[PDB]
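Okay, structure first, notes after.
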Protein chains: 2
Amino acid sequence: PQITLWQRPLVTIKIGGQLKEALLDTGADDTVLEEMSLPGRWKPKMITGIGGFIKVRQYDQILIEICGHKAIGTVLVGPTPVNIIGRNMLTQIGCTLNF
Amino acid sequence: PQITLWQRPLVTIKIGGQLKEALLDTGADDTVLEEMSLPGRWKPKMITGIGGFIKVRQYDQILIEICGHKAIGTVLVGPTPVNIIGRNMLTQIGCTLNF
Ligand SMILES: CC(C)(C)NC(=O)[C@@H]1C[C@@H]2CCCC[C@@H]2CN1C[C@@H](O)[C@H](Cc1ccccc1)NC(=O)[C@H](CC(N)=O)NC(=O)c1ccc2ccccc2n1
């Protein structure tokens, strides 16, 4: 698709067969998710945003479908108000910024 | 241009006649820049992202060039770790997400 930005670029994602929605976020290095059921073990990790550091749970090799495109990588579960799809995933689905 | 996301989408901006660089940030509602001099009156504001709040000064109808493209809007000045260009400005230059 070609997505304008007059509203937040939220899209449908699928993880563990669960349908969610998430923000396509070119400003985010990592992918950070709301609480949800994920397989495997996690490890504690800390990342920062504009307001400072948070503790998150790091899951590796997670499969996700983003607006129909498959991606696999590291996802961080933590105190985020919204699922955020960061560049580690965005690149896998061929996403670009255009103007 | 077309900007891939293998690295941070940083671009040149010009504001207050000064050249800086900033992050093209589709996940950000607002545009937030490091401490700097701007004209007019400001209003105090608090914004959030991941990790909590920061206090900023809000300036309205500020002129900025983004990669040579003119935009006018609200700029928030404060202790952000990185200059970020949010959707309020990105929309003025016709920026889209494409995959
Ligand atoms: C996700 C993580 C890996 C933590 N990366 C980010 O946090 C990086 C960090 C880099 C340096 C510090 C400054 C931000 C740049 C950008 N951000 C991504 C960046 O895209 C971040 C993503 C976002 C969506 C909303 C909720 C939180 C997170 N957006 C932002 O921080 C901007 C700040 C701003 N006023 O515009 N926040 C939002 O526009 C914002 C939106 C609505 C809100 C609702 C509830 C909660 C918090 C609220 N957040």
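Order of sequence lines = order of chain letters (A, B, ...). The PDB entry numbering applies to chain A: residues 1-99, in that order. Residues displayed in chain B correspond, in order, to the PDB entry positions 1-99. No hydrogens, no waters, no symmetry mates; every other heavy atom, side chains included, goes into these values. We count ligands from 1, going down the list as the structure has it; atoms in each ligand are counted the same way.
- The molecule at ligand 1 is the drug saquinavir.
- Bound to saquinavir with the largest number of contacts is the chain that the PDB entry calls Protease.
- The chains other than those of the drug that have a heavy atom under 4.0 Å from saquinavir are A, B.
- In terms of N/O distances under 3.5 Å, saquinavir is approached by B:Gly27.
- Distance check on atom 18 (C) of saquinavir: some protein heavy atom falls below the 4.0 Å cut-off.
- For saquinavir, the polar-atom distance check against B:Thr80 finds no nitrogen or oxygen pair separated by under 3.5 Å.
- Nearest to atom 12 (C) of saquinavir by heavy-atom distance, out of A:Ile50, A:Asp29, A:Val56, is A:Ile50.
- Residue B:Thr48 has at least one N or O atom closer than 3.5 Å to an N or O atom of saquinavir.
- The option from B:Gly49, A:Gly51, A:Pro81 that lies nearest to atom 46 (C) of saquinavir, judged by heavy atoms, is A:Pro81.
- Of the polar atoms of A:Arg8, none of the N or O atoms is found under 3.5 Å from an N or O of saquinavir, judged by distance alone.
- With a heavy-atom cut-off of 4.0 Å, A:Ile84 touches saquinavir through its side chain alone.
- At a 4.0 Å heavy-atom cut-off, saquinavir touches B:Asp30 through backbone and side chain alike.
- There is no protein heavy atom less than 4.0 angstrom from atom 43 (C) of saquinavir.
- When non-hydrogen atoms are compared, saquinavir lies under 4.0 Å from the side chain of A:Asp25 (C-beta onward) but not from its backbone.
- The set of residues with a heavy atom less than 4.0 Å from saquinavir is A:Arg8, A:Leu23, A:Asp25, A:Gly27, A:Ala28, A:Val32, A:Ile47, A:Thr48, A:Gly49, A:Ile50, A:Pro81, A:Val82, A:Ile84, B:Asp25, B:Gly27, B:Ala28, B:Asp29, B:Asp30, B:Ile47, B:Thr48, B:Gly49, B:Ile50, B:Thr80, B:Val82.
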